[PDB]
Structure formats: structure tokens, C-alpha cells
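What follows is a model of Potassium-transporting ATPase alpha chain 1 carrying bound R-revaprazan.
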Amino acid sequence: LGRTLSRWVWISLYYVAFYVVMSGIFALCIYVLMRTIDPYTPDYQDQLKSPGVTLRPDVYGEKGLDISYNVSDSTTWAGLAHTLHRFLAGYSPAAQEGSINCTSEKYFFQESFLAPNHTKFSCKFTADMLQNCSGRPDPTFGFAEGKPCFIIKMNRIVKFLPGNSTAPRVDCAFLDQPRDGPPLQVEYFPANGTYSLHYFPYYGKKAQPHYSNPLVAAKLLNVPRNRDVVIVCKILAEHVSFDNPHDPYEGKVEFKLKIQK
Amino acid sequence: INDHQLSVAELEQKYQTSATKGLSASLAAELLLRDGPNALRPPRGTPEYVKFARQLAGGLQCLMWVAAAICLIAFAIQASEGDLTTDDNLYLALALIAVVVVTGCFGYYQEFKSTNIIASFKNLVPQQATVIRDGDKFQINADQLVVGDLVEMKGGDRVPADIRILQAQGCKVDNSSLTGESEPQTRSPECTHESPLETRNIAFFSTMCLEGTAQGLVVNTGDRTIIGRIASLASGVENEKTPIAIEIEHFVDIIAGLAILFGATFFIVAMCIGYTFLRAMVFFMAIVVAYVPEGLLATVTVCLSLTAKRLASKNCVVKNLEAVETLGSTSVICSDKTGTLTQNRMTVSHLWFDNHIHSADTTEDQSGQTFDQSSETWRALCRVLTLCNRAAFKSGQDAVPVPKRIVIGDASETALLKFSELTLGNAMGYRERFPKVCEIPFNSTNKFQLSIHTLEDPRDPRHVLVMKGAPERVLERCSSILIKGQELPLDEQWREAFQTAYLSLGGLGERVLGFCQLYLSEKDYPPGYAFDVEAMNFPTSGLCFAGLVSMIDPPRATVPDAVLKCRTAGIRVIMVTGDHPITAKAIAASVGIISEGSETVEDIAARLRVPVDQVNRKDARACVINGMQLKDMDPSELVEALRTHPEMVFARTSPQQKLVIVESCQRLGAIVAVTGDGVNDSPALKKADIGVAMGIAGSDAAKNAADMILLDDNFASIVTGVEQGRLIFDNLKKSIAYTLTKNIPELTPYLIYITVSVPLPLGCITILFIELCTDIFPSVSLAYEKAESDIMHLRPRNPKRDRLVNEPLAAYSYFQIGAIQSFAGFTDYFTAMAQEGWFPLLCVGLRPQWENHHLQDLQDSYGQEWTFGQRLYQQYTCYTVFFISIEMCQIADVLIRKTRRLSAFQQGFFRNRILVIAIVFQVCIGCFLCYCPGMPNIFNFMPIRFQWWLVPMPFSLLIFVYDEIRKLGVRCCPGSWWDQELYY
Ligand SMILES: CCCCCCCC/C=C\CCCCCCCC(=O)OC[C@H](COP(=O)(O)OCC[N+](C)(C)C)OC(=O)CCCCCCC/C=C/CCCCCCCC
Ligand SMILES: Cc1nc(Nc2ccc(F)cc2)nc(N2CCc3ccccc3[C@H]2C)c1C
Ligand SMILES: *[C@@H]1O[C@H](CO)[C@@H](O)[C@H](O)[C@H]1NC(C)=O
Ligand SMILES: *[C@@H]1O[C@H](CO)[C@@H](O)[C@H](O)[C@H]1NC(C)=O
Ligand SMILES: *[C@@H]1O[C@H](CO)[C@@H](O)[C@H](O)[C@H]1NC(C)=O
Ligand SMILES: [Mg+2]
Ligand code: NA
């Protein structure tokens, strides 16, 4: 074309060499980056200043969480029941063999790796601690009687301490109309709906490969039928904050519920 | 042509008018109704909104308009699928539109201000005229003139119509505007020439009766006038595109081609990966838009405005921004003579006395070399021309410079009086003291002026007789002559020397005027006795000759050096004039258009005494072409003659012939600049690539047709203009490279995001902040860089081979510096991701989970679970860190763009203070955008850690070192492969 074959091949070789040198420099920089970071603890936890809160079962409707079902038709809650069984399958004794019994009732600190394969101990959580809402003897998880059970899970953060004063608690209540009507009554599993203090801190996937999040199941007992309600469940702890407009899931979870009759 | 040739009798029956009675009043009224007003029709079809629309149109403007349209269509497609986060399409579209609109407003403001500055010189005149009707002479308006009206003319009139003179007595008019003749020309009924211009029995519209009275008939009115036909021819001329616009169009073509290539290849990639066809089309449009810079147009306009301001500091007013570069690329300068290269005023040029030709100073500021003035012969001659002159100065001027000072009288009288006031100090008061007992003015019989004066000394009242006239008539009246301050008899040798001097001084086009004096003793004439003019008691012969004084319209003071500098800059200078070839050749020799030792074919024939048939044309370097010879020629011969003769002067050229010369020069493939001051230059001025009009001496048509105007009438401003043009070319290409290099860093993250599906590294708002805010100032400050080489020695750039942006520049900027900046930004992005918990391998393919609003517990490399909002804040951190990487690399990029060939150590790191201020400003704006409260909410910027500021610094140093080594290798081996391929 505009250049002879020799000129084109010379410039092509020059560009290939230039790009190879740049690629090598980039690879060396990424290798040096990977060599400096710690494999156990994050260096600069910055956006993890407060754990998020998630709910099971999670159906997100149009924008946010929106659970609705027909009490007369079992097919409506069949999917939610399947979701609950699938989630609680992970918290089964067969899946908790690696972990060990844990009744320290305080911060289960670990400065050394005294577990098999140079890991740390993880305190076990089994579904039976949820008792009524564990799936036995009620596979419907309370959905059949219009008394749904919702599992509240707090996101794990490495070496995050909720507070020594009291084990972190969960509090569910109406948001749109708290004063109107009777207040929302909720039964918690385990007792008082507290996350036991020996599940903290989290030491990371490498240190605790069998770590299991503690669970609290909240059962709603007085929910008006055929009426749309909004329920907010917050985490009461000293170091957990839920005042963040730009992240609605930080320290709390809000969801619409509509139990059609 | 039949207007002048026809005699009185047939004109009477042709125009139904009487040579004495005049046109009938009813006939005059009906003819006025039929033909229309005498005033030339002024075009006024230039609305303001049309000019604004033109300022909104152009290569980069059309590219940006199409980019905005593409953004809107892509947003429509995305809305068809109901997609999210489409507001960036509008952000980009309105950004492009706002940039285009603000730039157009700035350019319109510049043009409007320049037009207002130029318009101060306009001045309407009612232009009353004297006409005979019904036998009663009276006055009417200029437009009221109708064809055939019998009209009178007197000194100081503007000649409100084209008029064939039927009676004239010593009428002299100036045609320096319509024609190129500086010398006043006589109007007499006698006619012999075919050309209406040269014909002596016809007057012209835009002229002035310098002296005399006359009366004649009206032959043409309105737009049928010579000035009217010239204006119509100028209107027929169509302007072409400026060289900088052509360069911009070529650059836009390069941008569009590269954008289409990249978009098509990555659209095929999107097919191969598995994206939906509509998604791949949207990606295509995104890449095409990403290759379109929006802040480039603003920087180009600002650089143009800065250069225009520098020029306006030197009284160079450009009517448009694009004209400030044209002179830099000019290869041919076609120059008008009378009024452009010359002062258009007759002045004393040479003095032959004592068998010696002395040269006087002709600069308007009197800054030239003077002649010897310590001779009593000079004192005698000074008294002779002082007492002979009868011109008088205008009152109220004592601080006004003498050459510019107003004088009343003949042009020769004005020049003589000015020369006296320059040599003497108070010749105006000197003339009053000597009584004029006998004064004889110029007569058709005598052909001289005579004056008898009484001496100032009371002891010596001896009468002094002083005479001024034509040399061929003066010499026969003389017997003795002043030589070496003594009275010497006339021999054959003195007459031979007189003839040789007269012929030589006439061969330069200068009118030669002879002066003589005699002493009348009181024995012959008593003091109380009064001399009588009609008695002719004077000897009137046997006079004592003093010397010869030759006068010519001189070049302006700064013209010769400016012409020489332009010639050393490789620009060939052609002189085109409507004047006689003798005067044109003398002026060309004076101003350096014809170099010393360069002789024409006539000169060679005179030297060898050989007819021109055997004379070899190639031996002659200079060439003078008459208008008739040009008309006999044909375009092939004209092109061959242009190529053959390096130095060429055109004399006796009509406006159409000047237009044809400009057309031929342009068609040969050269950028032509035309300098002019008169209406006869307006067609060529409009046809030229750049037209430069004289400000003080220019006419309305010349100023309107011209792109540039010299307010101080300094011809030396042209060399400043060409220097600034070449400098703005170099600095503009530097700035374009600087602006272009950052396109690839902004686009590569989008390619990586689409293909590999990492979380988005860069957002659109950050890209807008980079393009529109941070990097406008450094690229503009790049326009203050000094020249690396000497601008004047270089040849004019080849318009075809030398482009503003070529493939080497684009390749280097896009795919070496841009590649390094992309690598720096990605290194810093991966550092930020890993230090927060996301290892590089986890980032690959993480986009679908990262952007899923239903996933509020996504796990990082450490197993920590993130909500959507926290991941979005990490994304904003990535935006900020990649933006900082680009800015840090651009700091070194502007430093490397400082010079194309010279080392940064060879030039100064800090000599461009504006560049240092720009870098400081960029750093400050980046720091403010990062660490300002509430920033993450409005603009997706996050307060980052100092460690991420340092990660891109090694890449900045790498850019600097690589560019320095490249420039050193280019300097070391000027003709090698490295220079050929790696130099831009
Ligand atoms: C025209 C020619 C264009 C050429 C473009 C490509 C240039 C070269 C770039 C990539 C090609 C090679 C791919 C890998 C690059 C990095 C190499 C590297 O060393 O990686 C290391 C990591 C793995 O970690 P490890 O095994 O060391 O850890 C060991 C410790 N343990 C096991 C405990 C974790 O692998 C990784 O992360 C891989 C991460 C890859 C991320 C996707 C690519 C992002 C790159 C963007 C640069 C774009 C530049 C565009 C130039 C301008 C074009 C106009
Ligand atoms: C996140 C995102 N989104 C879009 N959307 C889009 C835009 C136009 C279009 F025709 C179709 C889709 N464009 C993006 N870039 C790609 C990167 C880039 C670099 C410089 C200038 C503009 C852009 C826009 C063009 C980005 C980074
Ligand atoms: C929910 O489904 C049952 C199943 O038949 C139906 O009877 C009931 O009306 C539904 N609820 C509402 C509010 O329509
Ligand atoms: C762990 O749990 C029970 C109850 O604390 C304890 O007594 C026993 O040792 C363990 N049982 C199993 C099945 O691991
Ligand atoms: C939970 O189950 C126990 C039986 O183990 C029963 O006594 C109790 O009432 C149940 N509580 C709820 C809230 O269902
Ligand atoms: Mg002129
Ligand atoms: Na023009």
C-alpha cells in the first residue's frame, strides 16, 4: 500500500516488541502487587464500615423485596418453602462436621492456627437451633397458617466486632403504620433473636474455610390479611449503624409483605 | 468603448441631448425612472443568524453533531430494550452540543468585534454635483445624475459619474483607486486610445478632480460604471476553504476511519463472544462516539483567538479566526504597487546638480540616509525651488509630521514645499519675506513659472529671477550654470551631461523638473521700478541653471526589508500593477522584488546590442509583462512563463487580469496571499487564500474583500503574520497530539469491561471531567511554546505532503503514549481492587454479579460479603483512581509534547510559565475533585489514598524517558529509519 513490504514488516515488529515490553511491565507490576497483599486479612477495609443485612426467602418484586402469597393456594408459597429448604440445607449437621461445638459466650479470638490444615476454629451453627422455623415439624416454615418465618443474615466482615456489651440483636417492626393497628408481634429463634458472641470475629475464607454465618429466624404472628404492609428488621448493636440513605441494606433490611386471604 | 470613440455630433443623436443646452427635464425624469438611481447597488443579504449558523458549522462541528445524533439513537435503542443507566448518553450529547454552541458564540463574537473595529473608517458623503438643466446651472445629488446630463467639473470634486469630457482646460484627476496609476493624469477632449481606462477624454466614478475645470456628458451610471462592473466581478468571485479548514477536514477523516475500524472489529468480537446483535450495535456506537473528542474544538478555537490577539496587538485585524494561519502556509504573495508597496504621494526622490545625482530621504518618518548639504550650490538651488513654489500649508498644524501634513496646490508643488520644509525649517515663513513683485504662473505658451524677488539684505536689493519648468524647454533658455558654487559657461560637455542625466532620471519613471536663476543688478532695473508681466522687459534668456529635481511615488519605509524577509522565507513575491512598466520596474528594483544583478530581456538586448529574437530568454532572470502581452497569452503559456521566471512584475493589469493571475497561481497548487488597497484589487483580494488590505489607504471594496486589514498601514506586519502562522501550525499540531493521546485511556476500560466483564473501571462523568475541565488548560498553554528552529529560514510547507495531523502523529499518540497510560490506569485499578479485597482473577467475569441489585451478599477474595451500595462505592473509587492515573500521565505527556525534536533539557522546563500554571491548576482541580465533602454523591469521585497517587508515577516517568530517547535518536540520525518512522 503506502509502504513497501520491508517497511510494513519492520514497523509491525517494532510495535510487537513495544507491546510485549509493556505487557511484561504490567505483568511484573501485578505480580509485585500480589506478592505484597496479605492472604488472611484485607489491607484497607473502607466500604465495609458496617455489615449488610439480607433476608431469606428473597423475592425482589419490581425494585425491592416484596413477598406475597395466597393462603388458600399452596403453590404460591411452594417456591418460598423450597428456597428456605435449599438455604437451610447448608446449615445441616452433615455440612457442619468441620466446625466444632462452641459455648464460649464471648469473643472467640484466635491468634494462632490450631485447626487441621493450618486453619482456625469455626463455631458451628445448625438449623435445629431455629427450632420451630427449622423445617421440622413444619415443612411450610409457618407459611401454611399465615405466620411466615424469615431468616435474617448479617454479612461477615474480617475481624469485625459488633460489641461486647450485648450480643447483637434483631428487631423487626412495621414501618409505614407502626402506631396504627396493634404492634407487630415477632417470635425469635434462638431466644431473644441474638447472634451469639462466639461467632465473631470472622477471620476470612482462608483461615476459616468452614465458617458458617449465625442465623436468626423471625416468625410473624399478627400480620393483617389482604393488606399490604412494610416490615423493617434492624440490627441492635453498639458498632452496627443503620442510618445510611444511600445503602438501605446496611444494618437493616426492609421488605413489603402481602398475605392474601 | 463606443462611449469615448464617438464624436459630438453622433452622440447628440444617440443620447438625444444637446452639447450646450443639456437634457430635457421631462426626458431626464423619465430616463431616471427607466434606468434607476446612479448609486451603486449595495448587497445586504447577510443576516446575523446566517453568520451564527455558519460559525456553528464545520468539520469538527459536523463530527460532533453526528456524534450527538449517534448518542441519541443509541439511547433510543437502549430504551427500546428498557435498559438502565442510559443518562450518560444524554450527558455526552448535551456536552457535545454545549461545546459546539459556546465555541460558535465565541467565534461569532470575535468576528463581530473585528467588523466593528474595521467599520470605524466608513464615512458617508452626500456628494453633491453641479449640472446644467433648462440653461440654469444648479446642484443635485450624486444618484440624481442620469445618462446624458451635461455636468461641470472643478478642482476638489468627486466626479459623481462616468463622464466623457467635452471641454477641459488643465484638468488633472487621480485614478489610483480604479487604476494603478499614482501620477495624476490629464483629462482632455482629444482621444486616441482604445482602452477606456487609458483614454484621456473620459472621467471615472470614484475619482477626484485635483485641479482644473471641465464639462462633459454622462455615459454610464449605477452598476454599469467601471467601479460598478468591478464590484459585480468581485461579487461573482466565490470564496474557497482556508488551508486550516482543509487540515481539519483531513484530520476528521482520519478520526472517522479509525473509529469505524475499531467499532467494526469490536462489533465482530461482540458477535464472537455471544452478545445480542442490538447490544453489539450499541457497543459499536459507543466506540464511534468515544473516538470523537469534544474538548479539542474548544482548544483549537482558543489557540486561534490567542494568535489573533497577538496579531491585533500589532494592528493586524483578522475578520475570522481561521485566517491567522493562512499567511504561514502562503507560498506566493501577489502584491499591488500603488498604495500598497508605495505611499501614493509624489515626493522628491533625486537631485542632479554639480554633475552629481544625490538621493533624498523618502521615508514617511524621515529615517533614511540623507545627502550632502554642505555646498553653496545646494543653498542656491534651495532658494530657487523655495521661492518658485506657490503651494501653502493647511493652518493649525505644527506638531503634525511634515510628510503627512496637509498642503493645498499641485502634487509637484506639494512635494516641492514638503522637500523645502524638510531641508529647511520654516520655508513657509521664508516665502513671505521675499516680495513677489513679478509672478508668472504656468502657461500653455511659456511652459514655466517665473518669479522676481527682492533680497532680504538691506545693503543688497539686487533682484533675483527664479524659473521652474520642463527641462527640454528650460535648458534652451540658459547660458551659464552653477558648478562648484561658481558661474560657468555652457559647453557641449555640459549639454551632453544634462541629456544623459535627464534620460537616466526619466528611465526611473521620475518626472524631471528644471530650475534656474539669474541676478538683475540695480543698474539695469531700479529698485522702485515695478516689473510688468506683459511688458516682457526681462532678458528671458541667458539664465544660470541650478539643477534638476526628480520626483516619484516612493516605497513605504518598512516595505523593502519586509519584502526581503519574505523572500528569505521562501515566499515568491509577484508585483501586479496598473501603472506604466517603467515605474513598476523601478519600484520593484527599489523594494527588492527584482534583485541586484537581475536583468530583463530588454536589458540584455541593450547590453549586447542584439535584437530580442536572438536574445536568450533564460539568461534574463527578471521579467516585465504588459497587459496586452498578457491578453495575447494563453493559460499554458502563462503557466510556462510563471515557472520560467523566478522574478516577475506585471504592469498595466486590469482587475480581471489580476484575478486571472491569482487563479493561475492557485491552480498550480499554491497558497496565494494578495495585498491590496484599491477597488481594482478587490476581485483578486476575494479570490486569494488570504487578502490583506491596507487600512489607512484602503478603500471600502478592498477592506470588504480582504480577510486581514493593516490598521497602521505597515507592510512589515506581513512577516509577523507569516511567523505567527507557522508557529500556530507547529503549536496546534503539538496541542492536537496532547489532546488525542488521552482518548485511548478513556476507551480501553470500556473495551475490557465489555469483553472480560470486570467491574466498570471508568465512568462517563469522570470522562467528561477529563475532557472538558482538566486538560483544556494545558493544551492551550502548549500554544505559548517558542519555535524549536528558525521559522524564517524554512521553506513554505507543502500543502499536499505536509499535513497538520498525519499517520505518524496519530499512531504515536494513540498507540504508544495512550497504551502506556492505559496500562498505568489498569495497574492502579487492580491495586485498588486487591487492597480492598478483590483479587485480579476474581474481577474477571465479575460484572454480572457486581451489577446485580438482587445480590446483597457478594463475596470477595477474603470471603467478606458486600451489599450493592458498597460495591458501587468501590466502583466509584475505581473511577477516581483511574482518573488520577490518567491525569498523572498527562502531566508528563504535556512536558513531552513541549518539543517535537529538541530535548526538554535543551529548552526550558520552566520557560513557559503558562504551562507550569496549567500543570498546577490541573493538580489542584484533581485534588479538589477527590477530597471535597459530598463529592461521591454528585460526581462519582471518592477520596483515595496517597498510595494510589504514586502507582501511576513510574509510568509518567516512563513516558518522559521514552519520548526523550525517541527525540534523541531522531536528532542523532536525521535520515535514518528511526527518523523516518518515529518522527512526527
Ligand atoms: C494491541 C495489543 C493489545 C494487548 C492487550 C493486552 C496486553 C497484555 C495484557 C494482558 C495479557 C496477559 C494477561 C495477564 C496479564 C497479567 C499477567 C500477570 O502477571 O497476572 C497475574 C494474575 C494471577 O496472579 P498470580 O498467579 O501472579 O498470583 C499468585 C499468588 N496466588 C496464587 C496466591 C494468587 O493474572 C491476572 O490477574 C490476569 C488479569 C487480566 C486482566 C484482564 C486484562 C486487563 C488488561 C488491560 C490492559 C489493556 C491495555 C491496552 C493497551 C492499549 C490498546 C490500544
Ligand atoms: C459506561 C459507558 N456507557 C456508554 N454508553 C454508550 C454511549 C454511547 C453509545 F452510542 C452507546 C452506549 N458509553 C461509554 N463510553 C465509552 C468510553 C468513552 C470514552 C470517551 C468518550 C465517551 C465514552 C463513552 C462513549 C461508557 C464508559
Ligand atoms: C388467593 O388464592 C386463593 C386460591 O383460590 C383464592 O381463593 C383467594 O381469593 C386469593 N386471594 C385473593 C386476595 O384473591
Ligand atoms: C456437639 O453438640 C452437642 C451439644 O452441645 C455436644 O454434647 C456433642 O458433644 C456434640 N454433638 C455432635 C453431634 O457433634
Ligand atoms: C414450637 O414447637 C414447640 C414444640 O417443640 C411448641 O411447643 C411451640 O408452641 C412451638 N412454637 C411456635 C411459635 O410455633
Ligand atoms: Mg492599489
Ligand atoms: Na477570503
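Order of sequence lines = order of chain letters (A, B, ...). Throughout, chain A uses the PDB entry numbering, with the displayed residues spanning 30-290 in order. Here chain B follows the PDB entry, giving residues 50-1033 in order. Atom set for the values below is all heavy atoms of this structure, side chains included, hydrogens, waters and symmetry mates excluded. Whatever order the structure lists ligands and atoms in, that order sets their numbers, starting from 1.
- To find every copy of R-revaprazan, look at ligand 2.
- Chains with a heavy atom under 4.0 Å from R-revaprazan (ligand 2): B.
- Binding site of R-revaprazan (ligand 2), heavy atoms within 4.0 Å: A123(B), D137(B), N138(B), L141(B), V331(B), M334(B), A335(B), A339(B), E795(B), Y799(B), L809(B), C813(B), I816(B).
- A heavy atom lies under 4.0 Å from R-revaprazan (ligand 2) in the transmembrane segments of chain B that UniProt numbers, from the N terminus, as 2, 4, 5, 6.
- Using a 4.0 Å cut-off to heavy atoms of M334(B), the atoms of R-revaprazan (ligand 2) that qualify are 9 (C), 10 (F).
- Scanning the protein heavy atoms around atom 3 (N) of R-revaprazan (ligand 2), the nearest turns out to be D137(B) OD2, 2.9 Å.
- The overlap between the UniProt K(+)-binding residues of chain B and the residues with a heavy atom under 4.0 Å from R-revaprazan (ligand 2) is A339(B), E795(B).
- Of all protein heavy atoms, the one lying nearest to atom 14 (C) of R-revaprazan (ligand 2) is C813(B) SG, 3.8 Å.
- The closest approach between R-revaprazan (ligand 2) and any UniProt active-site residue of chain B, by heavy atoms to 1 Å, is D385(B), 49 Å.
- When hydrogens are left out, the protein atom nearest atom 23 (C) of R-revaprazan (ligand 2) is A339(B) CB, 3.9 Å; that is the closest non-hydrogen contact.
- For atom 27 (C) of R-revaprazan (ligand 2), the closest non-hydrogen atom on the protein side is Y799(B) CD1, 3.6 Å.
- Heavy-atom distances show that, of the Mg(2+)-binding residues UniProt gives for chain B, none lies under 4.0 Å from R-revaprazan (ligand 2).
- In terms of protein heavy-atom proximity, atom 8 (C) of R-revaprazan (ligand 2) is closest to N138(B) OD1, 3.1 Å.
- Looking at atom 24 (C) of R-revaprazan (ligand 2), its nearest protein heavy atom turns out to be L141(B) CD1, 3.8 Å.
- Regarding atom 1 (C) of R-revaprazan (ligand 2), its nearest protein heavy-atom neighbour is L809(B) CD2, 3.7 Å.
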